[PDB]
Structures are given as C-alpha cells and as structure tokens.
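Here is the structure we will look at, set down as structure tokens.
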Amino acid sequence: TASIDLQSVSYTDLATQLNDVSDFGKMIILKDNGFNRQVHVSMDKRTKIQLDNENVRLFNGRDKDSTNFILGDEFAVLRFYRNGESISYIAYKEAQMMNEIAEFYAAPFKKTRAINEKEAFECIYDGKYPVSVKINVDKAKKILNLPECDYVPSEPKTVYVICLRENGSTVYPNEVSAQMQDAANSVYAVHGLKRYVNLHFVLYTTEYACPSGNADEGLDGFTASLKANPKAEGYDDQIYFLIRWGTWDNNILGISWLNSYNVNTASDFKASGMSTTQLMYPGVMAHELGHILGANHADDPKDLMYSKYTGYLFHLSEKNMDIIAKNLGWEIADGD
Amino acid sequence: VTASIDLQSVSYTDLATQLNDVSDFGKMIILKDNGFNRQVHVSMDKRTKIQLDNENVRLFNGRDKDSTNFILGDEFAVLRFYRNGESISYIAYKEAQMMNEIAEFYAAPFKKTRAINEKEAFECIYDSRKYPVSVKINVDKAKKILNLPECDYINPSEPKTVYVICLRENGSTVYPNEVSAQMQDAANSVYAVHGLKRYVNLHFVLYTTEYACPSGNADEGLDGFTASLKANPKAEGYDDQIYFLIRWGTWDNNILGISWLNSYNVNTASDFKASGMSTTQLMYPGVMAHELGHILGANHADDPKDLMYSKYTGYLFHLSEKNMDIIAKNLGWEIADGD
Ligand SMILES: C[C@@H]1CCc2cc(F)cc3c(=O)c(C(=O)O)cn1c23
Ligand SMILES: C[C@@H]1CCc2cc(F)cc3c(=O)c(C(=O)O)cn1c23
Ligand SMILES: C[C@@H]1CCc2cc(F)cc3c(=O)c(C(=O)O)cn1c23
Ligand SMILES: C[C@@H]1CCc2cc(F)cc3c(=O)c(C(=O)O)cn1c23
Ligand code: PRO
Ligand code: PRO
Ligand code: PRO
Ligand code: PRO
Ligand SMILES: [Cl-]
Ligand SMILES: [Cl-]
Ligand SMILES: [Zn+2]
C-alpha cells in the first residue's frame, strides 16, 4: 500500500517512507507511468556513514529487487536498474540546494542538445522548481560522449574507511554516499563477509592536495600526509581514501596500494587509496577498496575488478573473493 | 583504552563521534569531570524513532544503574544523567552561531538574578586547547537559584508502531534539544512498564501547525486543538494516532499541559481523541510523559515520587501498579503475558 510516485518524487516523499522502515522491513511500491514495482525495503544495519558528522542511512531491497536507497537529513537517493542500466532519483531537502543540484546535473546536457535527453536526464516537478532529478548514468555517458576513463567472531569487526575531501575539491553528498554504499555492498556480497566486518565510513576535509595530475605521485603524497597528520595519530590501522569529484592524468579514476589491508596486521597507513566520486563512474571506490583488500585485475569484462572501467559492482573472480575474505579473517572451512 | 567524555570540554563533535561508534552490541563510555567518574554501557535505542521537521534524531540508553541517556541529531547532542538525585544535562549544538544563541538563551534567566553558586546550576563549557562548545544545566539546582513560579497540572510477533505527532503551535519557538528530551522521557516512561516494547514502538514526528490557542486557557486551548486536527487536511487518515500541541511556555495559572484522559487504545483509537498539549521547556522534564500517561489511562497517583503525582515533581516513571496495568492493557498487554 505504501508508494513512491516517480513522476513527482521529492525529498519529503522519500524521507517519510524510509523513516517508516522498521526492523522487520516494509513493502514500498515504486510507481512509474502506470507500471509499478513492489520492493521489500530493509534498513542496512551493517554500514555506518557520517559525512562531516552528518548521519547517512542506507536501505536495501531484496536481491531480486536490485534497489537501494540512501537517506540523510539533507538529501535522499533511490537507485535501481532497468535493462541493466543504473537509474538514480536524487532529491535534496532545501529548495536552494535542490535548485543548485538540478543545475549542476543539467549543465553538461545544455552544451550538447540530444533529442532523447529525457531518458538520460530529467528534472522532476511537483511546479516551478524541481523536487528531484532522474539520471540514467549509462544513457548519460553515451549522450555526453565523455573521455574513456581507465584504471568466526561473535561480533563483526568494525573497520573505519576514512575518506578525506581533497583541499580545494567539492564533492556532493549523494555522490560520495553512493560510492560508499557500492563499496560496502561489494564486500558483503563475498563469502558472507558481514559476519567478519562492518564498514564505517567517515568524511572529513584534509589540507592535502595532489602536487600534480599524476595519480602515482598523488598517492605517494597522500600516504605521506597521513603519516604527518596529527589528527590521524592512533588510526594507522584503518582504511583511507583521498576523494575528489574529478579524475587524474590519463583519465585515471583512482589508485591504491595493492593488498595493503589485513585485519590482523594493518598499520602505518598502508591501506590507502584515492578515488573519484562523480555519479557517472559508480563503483570506483568499490574497485579501489577491492584492490586494497588484495584483489587483482580480473579477466571477466563483467567483473568489478576488470582492468577497464565497466560499471559492474560485484566481484566475480573466485581467486579475488578468496583473497579479500582471507584478509578480513575468513577461512574456507567457515563457509558462506 | 576505554572511550571517555571529558565534561570540562565536551563539544558536539565529542558526543557525535562517541555515539556514532555505538554498535548493536553496545559500548562502554567513561563520563569524566572534576571529582566525578561514571562508566556507562551505552546502547542504541532501537524502539523509538524521532523526526523533527524530517531531521532524524537518535536516542541512546545506559543500563538502568547508569541513570544516563543521550540524544543525537545532525545539529545537536544531549547527555543527560542523574547525580545525587539531580538531573544534569550537557547540551551541545554543532554550529557555532546556534551554540552561541543557545548558550545566551539558557544564561539570560541567571544574569537577572545573580546567585553565589550559579556554576553548579548553569555553566558554559569551553574547549581545553572563545565561544562555548556546550552548556551544563543542573535543573534541580537551577530551580532553587531562580524565582520561578510554581508550575503544576490542573487539579504480537512485531510491536505495533504508534505515531506521536507533535505540532509546533503557530507563533511558538521550540528548541530541538528540549523537544527531544520530552519525547525520550515520554517513550521511556512507557517501555519501563510491563515489557511494553513487545507491544508498541513509539515514532515521534514534529511539524508546524497553523493552530494557536485562542486564549491562555488550557481547557479552551485543548478543545480548539482537537477541533483543528479534525479540520486539518494533512491529518486525514491519521485520526487513530497520538497528538500533542507543543510550545516552550506554559498556559494560564502556570499549567504545564493538558490531555484527554484514557483516550488511546490500540484497538479503538479514532477521531483524534488521543490528543493533548505540553510545554517542552528544559526546567520541567517529564511533562509530555505525564500527559502521555493520562492519554493511556493513568490517573493521579498518591506517591509523591510517581510521574503521575497530581503536582509537578520531576520524577519520570510510573510507580502505581494500577496505572501500569491500565496503560499496558490499553497497548494490548494481558497479565498472562508477563513482563
Ligand atoms: C510512512 C507514512 C507516511 C509518513 C507518515 C507520517 C506520519 F506522521 C504518520 C504516518 C503513519 O501513521 C503511517 C501509518 O499508516 O501508520 C504511515 N506514514 C506516516
Ligand atoms: C580523529 C578522526 C579519525 C582519524 C582521522 C584521520 C585523518 F587523516 C583525518 C581526520 C580528521 O581530519 C578529522 C577531523 O575531525 O577533521 C578527524 N579524524 C581524522
Ligand atoms: C569513537 C572513536 C572516536 C571517533 C572515531 C572516528 C574515526 F574516524 C575512527 C575511529 C576509530 O577508528 C576508533 C577505533 O578505535 O576503532 C574509535 N573512534 C573513531
Ligand atoms: C501526513 C503527516 C502525518 C499526519 C499529520 C497530521 C497533522 F496534524 C499534521 C501534519 C503535518 O503538518 C505534516 C506536514 O508535513 O507538515 C504532515 N503530517 C501531518
Ligand atoms: O522535499 C521537499 O518537500 C522540498 C520540495 C523542493 C525541495 N524540497
Ligand atoms: O562541536 C563542535 O565541534 C563545534 C565546537 C563549537 C560549536 N561546534
Ligand atoms: O501511589 C499510589 O497511587 C499507589 C496506591 C497504593 C500505594 N501506591
Ligand atoms: O503503588 C504501587 O503499586 C507500588 C508497588 C507497591 C508500593 N508501591
Ligand atoms: Cl557533573
Ligand atoms: Cl561498570
Ligand atoms: Zn495530571
């Protein structure tokens, strides 16, 4: 009976429905031009997120629903798939911020003028100012013709993922949260790893900025900045990401220290990386987190760890899944 | 190695980073101050939900022997604990402008009446390494320093979700730390009785209403409020929930609140009958809990330490077995179910 109308979905519509999701879950109907999708929504109790101390909650549908939600005080996201394409509904609470976000996402499409712009990008009203935006990331990338971007314990162990907003960079909370949600879900999807780890993401600003466009030099400087940062004292065994909106030289989406995190030996800020957070490249943080957990490049073009950027968000390599799970305390005898 | 909160410099960031680290299994946190120490086992309150104008507010509990509660929103944090029978709150707002405004708001009643030991009742807390990072208020000591007038009252497999819809009266200003403290105390007064968390989970929401009491009279004010709910198009389909009109202040004759007695039953709730009005000011904790008590059928108790005592006392729990049975039965409980 509860429902979300995709022709007029606002922050208030998403917040009132998601805030009613109790421990037992709730059925919510997604309604789109007379066609409906019933989703069983549950609170994500494994991942915690703060962005500059602002609490962000995640929600999951069933496996067959391929639907996830994000909810903060300032914004809400609905993300699902249609013909394998990623579709996001992004809604900001404040009128000024929603207007700014709608202009930010509309601007690239105004440079070009595609006849099918509505299916890739659309401002949603309900009607002078928009209440949300709809973006089909797969369709948007083909219209914009962007450059080709390249690359058992009784309680689970809490692992912090400390994300640091690069000096001078602007990141958008819906985009950063989507990267974090996809990264955490890429780990829990492997060998029942929610039994071993619960990921806690935090976002702060750092004084560090990459000294050039080079990703390799940038990561050397970032890891060195962590060792000299007085705020990071006592946290050398956590996972770190330098984040920005943009990419590095040669359209590199991110970079990280391979096989640098193990639950028993983590130290000296070794488990560090850098990642873009822009909406058009989902799964970059997930790919770099996989690399930090020991995953190598995979040969399946549908693998999250494929050498080229693909848009796929899950580990498919059995060798990588075993390496990642073993680094988080799992053993074959434990099962899935 | 044990996590700790230094009450001589406690800020919003200190409280948020500690409370955001509380997982499903709980966490030990040491509360420290000059001549004071308390180890508390903190847990997330998974029974109560709160939105204030759609802003999510989370509650945290200590063990019964810890006598400690917390509140955490994106904009503010509260630590409240009892020490030598006195309620002490540490209130910290995230934004510097809002923290400065809140510190001035709480300091203003004291500046008029300069008492010798004002520090034990009210104190602006500053960072150790200048604007305040939090305020400390001992309500019991504050009442003895201030010349306040005597405010009183008029002489299942899954729990059921019950919404408590609080409406900010037109022309009133309420503070989020104050409203949340009233809601937390009200919900905890219910769960403390007959294991009622098995039957009900309270979900508080706060919106603004166009309604304003036509006079200072509480009886007339409640008549108008219940009538405004029946005429409110936003309330259509929600006549079986619980409602409160809230303000900062009090009504005529220093009346703290008012409500329709025995107006909520999980099986027959309807026509906006389960409605009341409540002050939310910090100096009168438990007013919403007392009015929610009346709506659930609790009568005046004779013990001066009961939440339901006819006069305002500051106590936050039902002690009357007769009232506890009436309240629990109205929420679906039976004696055979046990506690
Ligand atoms: C989830 C839905 C919309 C938001 C909402 C706000 C509120 F104050 C009360 C209710 C509410 O009472 C409800 C229900 O059917 O029990 C459903 N919702 C509510
Ligand atoms: C103390 C907290 C966790 C560790 C940490 C690592 C780091 F590199 C930067 C920060 C950091 O910047 C921060 C802050 O409040 O701004 C808090 N932490 C940091
Ligand atoms: C709860 C405490 C202070 C806040 C905090 C921020 C953060 F980014 C990382 C940690 C953190 O890693 C930690 C720990 O010991 O595991 C404790 N805290 C952290
Ligand atoms: C729809 C939601 C729950 C029911 C409700 C009762 C009421 F008396 C006032 C409001 C109400 O004012 C409101 C809002 O968004 O402003 C939402 N709800 C209300
Ligand atoms: O979510 C809402 O209700 C408003 C409408 C536009 C921006 N935010
Ligand atoms: O909580 C904090 O970190 C800051 C300090 C004063 C205002 N808020
Ligand atoms: O305080 C009361 O009301 C109950 C009645 C008997 C003694 N205790
Ligand atoms: O009045 C009551 O019910 C509690 C229990 C016995 C005495 N006081
Ligand atoms: Cl104290
Ligand atoms: Cl103890
Ligand atoms: Zn009374």
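Residue numbers begin at 1 in each chain, while the letters A, B, ... track the order of the sequences. Each ligand, and each atom within it, is numbered from 1 in the order the structure gives. The basis for the numbers below is simple: all heavy atoms, side chains too, and nothing from hydrogens, waters or symmetry mates.
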Q: Say which drug appears at ligand 2.
A: flumequine
Q) Which protein or nucleic acid chain has the most heavy atoms near flumequine (ligand 2), under its name in the PDB entry? A) BFT-3
Q.
Help me out: which other chains have any heavy atom nearer than 4.0 Å to flumequine (ligand 2)?
A. A
Q. For flumequine (ligand 2), which atoms have a heavy atom of A/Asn229 less than 4.0 angstrom away?
A. 8 (F)
**Q.** Close-contact set for flumequine (ligand 2) against A/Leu164 heavy atoms, below 4.0 Å
**A.** 8 (F), 9 (C)
Q: Please write down residue, atom name and distance for the protein heavy atom closest to atom 7 (C) of flumequine (ligand 2).
A: A/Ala232 CB, 3.9 Å
Q | Which of the flumequine (ligand 2) atoms, numbered from 1, are nearer than 4.0 Å to a heavy atom of A/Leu226 | A | 8 (F)
**Q.** Protein contact to atom 14 (C) of flumequine (ligand 2) [nearest heavy atom, distance to 0.1 Å]
**A.** A/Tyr204 CD2, 3.5 Å
Q: Give a yes/no on flumequine (ligand 2): does A/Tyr240 have at least one heavy atom closer than 4.0 angstrom to it?
A: yes
Q) Of the protein's non-hydrogen atoms, which lies at the shortest distance from atom 1 (C) of flumequine (ligand 2), and what is that distance? A) A/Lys231 O, 3.6 Å
**Q.** Binding-site residues of flumequine (ligand 2), heavy-atom cut-off 4.0 Å
**A.** A/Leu164, A/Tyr204, A/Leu226, A/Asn229, A/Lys231, A/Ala232, A/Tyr235, A/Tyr240
